[PDB]
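A look at one PDB structure holding (11R,12S)-mefloquine.
Every chain is numbered from 1 and lettered A, B, ... according to where its sequence line falls, protein lines coming before strand lines. Remember, it's 1-based here, ligands and their atoms both numbered in the order they're listed. The header says electron microscopy, 3.2 Å. Not the full deposit; the contacts listed refer only to the portion displayed. We use all heavy atoms of the structure for the numbers below, so side chains are in, but hydrogens, waters and symmetry mates are not.
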Amino acid sequence: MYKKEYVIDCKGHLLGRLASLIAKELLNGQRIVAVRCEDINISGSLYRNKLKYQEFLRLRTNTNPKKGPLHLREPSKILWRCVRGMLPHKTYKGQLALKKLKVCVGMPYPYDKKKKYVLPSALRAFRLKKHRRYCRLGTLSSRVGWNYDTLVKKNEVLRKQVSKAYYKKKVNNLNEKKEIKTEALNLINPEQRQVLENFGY
Amino acid sequence: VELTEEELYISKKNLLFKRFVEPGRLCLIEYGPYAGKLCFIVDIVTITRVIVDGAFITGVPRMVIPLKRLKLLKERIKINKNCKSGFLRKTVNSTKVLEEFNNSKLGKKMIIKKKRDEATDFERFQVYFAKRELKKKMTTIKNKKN
Amino acid sequence: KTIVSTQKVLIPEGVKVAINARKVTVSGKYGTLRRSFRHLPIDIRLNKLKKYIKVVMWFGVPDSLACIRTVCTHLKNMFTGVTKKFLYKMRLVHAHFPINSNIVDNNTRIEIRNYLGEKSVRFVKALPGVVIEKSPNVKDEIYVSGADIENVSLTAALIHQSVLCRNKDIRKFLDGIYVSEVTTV
Amino acid sequence: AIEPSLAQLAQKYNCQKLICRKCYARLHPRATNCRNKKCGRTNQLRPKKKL
Amino acid sequence: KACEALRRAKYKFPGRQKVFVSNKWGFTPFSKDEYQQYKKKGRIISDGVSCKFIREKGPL
Amino acid sequence: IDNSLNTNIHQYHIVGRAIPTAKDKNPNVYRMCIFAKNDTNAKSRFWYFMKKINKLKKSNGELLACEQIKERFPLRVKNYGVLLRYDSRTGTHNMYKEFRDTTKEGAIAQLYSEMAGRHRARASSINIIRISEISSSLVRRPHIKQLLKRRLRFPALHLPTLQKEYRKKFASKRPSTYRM
RNA sequence: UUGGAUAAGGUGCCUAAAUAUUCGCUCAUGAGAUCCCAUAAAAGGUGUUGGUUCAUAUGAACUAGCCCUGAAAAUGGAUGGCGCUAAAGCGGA
Ligand SMILES: O[C@H](c1cc(C(F)(F)F)nc2c(C(F)(F)F)cccc12)[C@@H]1CCCCN1
Ligand SMILES: [Mg+2]
Ligand SMILES: [Mg+2]
Ligand SMILES: [Mg+2]
Ligand SMILES: [Mg+2]
Ligand SMILES: [Mg+2]
């Protein structure tokens with residue numbers, strides 16, 4: 001957490017754990033961009049999750065619902081809320097930490113060209129037994145009225161093509177570099193070359 | 001009775017689970033006082049615990065471990081179930097399995113890492129210099145290509 | 001926990017079986033069927049040189065074994081479908097008013113008219129890739145057919161639902177379409 | 001006008017079942033338990049009343 | 001049948017009860033086998049429900 | 001030597017006898033193996049058992065011998081049969097369980113965990129009545145029988161337990177549980 | 001006052017300290033979460049997990065763990081919150 005800004009790819013993660021991971025980092029002093037928040041997984045069965053959400057929604061302020069619990073139903077929003085929950089947001093430091101976090105659905109403008117990081121101690125594949133029921137967050141959101149899910153998916157798909165295109169180019173570049181290295185290893189100095197070989201490069 | 005051409009099929013039939021925990025599997029201990037160390041599966045205690053032995057080439061004594069603390073390598077050497085440590089040592093040396101492991105990508109990378117760890121400052125500097133030289137040469141080549 | 005549990009599913013003669021990651025795809029005489037199994041931990045494998053496919057499950061309680069068995073059964077069903085269409089015979093029994101069954105839109109969308117004499121039209125559309133035919137032998141029965149053992153069954157169920165009456169004695173009013181025979185073409 | 005075989009078939013579905021003595025669920029005629037969670041899967045089953 | 005009856009009865013007591021079949025002969029404080037043995041050597045006199053065991057103690 | 005894996009249950013042979021009295025010059029000596037964490041605990045256990053069985057209490061007897069028995073072949077897999085007496089919240093039960101292990105002590109340790117986990121039986125409530133090595137022809141429990149298989153082989157589906165050095169919260173590329 | 005080392009308790013984050021290790025057990029369409037303490041019962045359960053006693057690898061009967069039912073009140077809502085299921089639950093070591 002000594003980087004300028006960590007971009008976290010939220011696909012295949014387990015919600016609460018991910019949030020927890022984020023929160024500590026934020027507290028420490030790290031700018032976090034939680035990206036691709038539609039594919040965050042919850043450890044409960046989908047129906048159960050939905051029920052829970054419904055229950056949460058039901059707890060509103062009786063006198064004037066303009067105040068009280070704002071039931072933000074965007075997956076990113078939900079994630080943000082979760083993060084906040086795990087923070088001392090009522091102080092100043094906590095507030096600052098919260099501010100530092102930025103959440104995104106899918107991938108927007110700058111966070112497509114930035115390196116996407118994964119939290120391995122929070123992954124669904126590493127935290128759930130494969131005979132247990134899990135729930136995609138996007139789906140849950142859709143169920144409790146988010147609407148912009150299909151659109152998001154489409155956008156993601158579109159982005160994927162672009163990424164693939166870029167990836168091909170990158171691969172080509174890498175290959176070229178390798179070739180160059182191969183060529184030039186004979187053009188250096190013997191002892192130096194040997195040394196290089198010894199140290200892996 | 002022979003297979004004639006079915007043998008080939010058997011050889012090249014994709015199996016999802018390569019590397020089984022079984023007697024004579026190589027094994028890299030990941031967690032504990034011993035880590036990064038190699039050690040062979042002698043017997044197996046239960047569904048979770050196994051007895052390993054790092055043949056006196058390696059530093060790790062015969063001991064029980066949780067399988068969870070082991071990462072199976074692609075290497076195996078056929079051994080009798082009740083094989084004692086001396087026998088294991090004899091066999092592995094004969095088969096040159098350690099050499100094979102070293103040759104393999106993972107082993108190579110491990111060794112590289114070790115080298116990096118153990119290097120003197122000067123050696124690091126030498127490496128840097130070499131890299132710089134390569135870059136220069138590489139850059140020149142790139143320019144030429146352009 | 002049981003270390004190794006296996007099930008052998010013998011493939012028929014004229015079946016093109018193709019698996020990858022529990023996503024099984026079978027091609028035959030009466031269409032192609034694709035059905036994923038990536039919701040249980042199973043390393044199902046092909047044997048293209050000979051016959052059969054082997055479903056194996058490592059560790060896991062009796063639940064796991066049960067799951068494996070189910071998977072095997074499903075596979076078998078699929079194979080059967082590919083070889084030969086799954087024929088679901090559905091006989092409609094009426095006490096007074098004859099049930100008017102009308103097939104349209106390429107043997108899909110079976111329209112049920114004049115059930116118990118309500119003068120309304122009951123619409124029930126078949127699932128993807130399932131043909132609904134009428135009687136060539138007797139007078140009442142309706143054939144629900146088309147490769148997938150599951151889809152056809154579902155369609156049949158839907159049809160039944162569409163038929164069945166509401167707030168009256170069900171033991172007296174036996175009116176409706178019912179699955180007579182589960183067979184193959 | 002219900003020909004005997006057809007009638008029998010109809011019965012097979014509509015009549016020859018069991019019923020939960022607790023939540024009234026229609027069960028298969030050979031069931032040992034309720035299957036429904038609300039009765040807590042009771043074994044208290046009765047046959048569907050005929051006529 | 002007896003066990004069943006007991007169980008039925010239990011449904012009416014409060015708290016936790018348990019039906020317990022005994023190795024005794026019946027109300028008498030002797031194991032079945034023991035009782036049989038006693039009968040064989042005639043060291044036991046049966047009255048009504050309860051039975052007395054000859055202890056080798058009284059006068060002739 | 002590993003200090004995270006070890007379970008500190010040892011086996012102690014204890015011998016003790018009631019103090020001799022003018023009226024009972026030649027008392028009876030009692031011996032037992034006791035599975036306990038330290039020597040003092042073992043002694044205590046022995047005393048308790050004496051109390052339970054005979055008329056004897058620590059106050060009117062003396063420990064004659066305490067040995068501490070180490071496994072003779074601590075690297076030979078063995079199939080252990082165990083007999084237990086345990087107390088539930090509802091009453092008392094006898095039971096027999098089997099554990100495949102490398103030492104008696106290890107087996108005992110396993111057993112304690114099992115009882116804790118499966119029956120919620122706490123260490124206090126259990127009395128080990130006999131552990132003996134069972135030949136493979138007399139294995140009655142399926143989870144041990146299976147192991148006793150001929151050329152036994154299984155894959156490794158367990159999740160990697162990385163060292164808290166190479167454990168990092170930020171990862172480059174999504175790790176793989178598949179391995180091989 | 002300074003430094004140390006603990007106690008009760010904890011160690012996912014809030015929250016200082018383990019997403020520690022180790023062996024089990026739990027999936028809940030109103031889970032569970034630690035003295036006092038802020039509740040739950042009789043009775044069930046072909047849910048699963050162990051057992052015991054019997055009979056001829058099935059059929060019984062039981063038994064106890066967890067889990068489910070039994071389980072309904074009024075502002076909205078409270079294992080303290082967020083959350084958590086290869087637990088961050090329960091029982092251990
Ligand atoms: O903490 C639960 C909960 C809340 C919220 C949130 F507030 F973010 F919408 N989301 C939950 C989710 C979510 F849908 F994954 F976000 C799952 C399970 C419980 C949730 C609720 C809160 C009221 C009482 C218990 N259920
Ligand atoms: Mg101080
Ligand atoms: Mg300290
Ligand atoms: Mg902290
Ligand atoms: Mg939640
Ligand atoms: Mg806590």
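- All copies of (11R,12S)-mefloquine taken together correspond to ligand 1.
- Most heavy-atom contacts to (11R,12S)-mefloquine (ligand 1) in this structure come from the chain listed in the PDB entry as 60S ribosomal protein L13, putative.
- Chains with a heavy atom under 4.0 Å from (11R,12S)-mefloquine (ligand 1): A, G.
- Heavy-atom contacts of (11R,12S)-mefloquine (ligand 1) within 4.0 Å involve A:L15, A:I42, A:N49, A:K52, A:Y53, A:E55, A:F56, A:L59, A:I78, A:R81, A:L140, G:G77, G:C82, G:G83.
- The entry describes RNA chain G with the name 28S ribosomal RNA.
- Measured from (11R,12S)-mefloquine (ligand 1), other ligands and ions fall under 4.0 Å in these cases: ligand 5 (magnesium ion).
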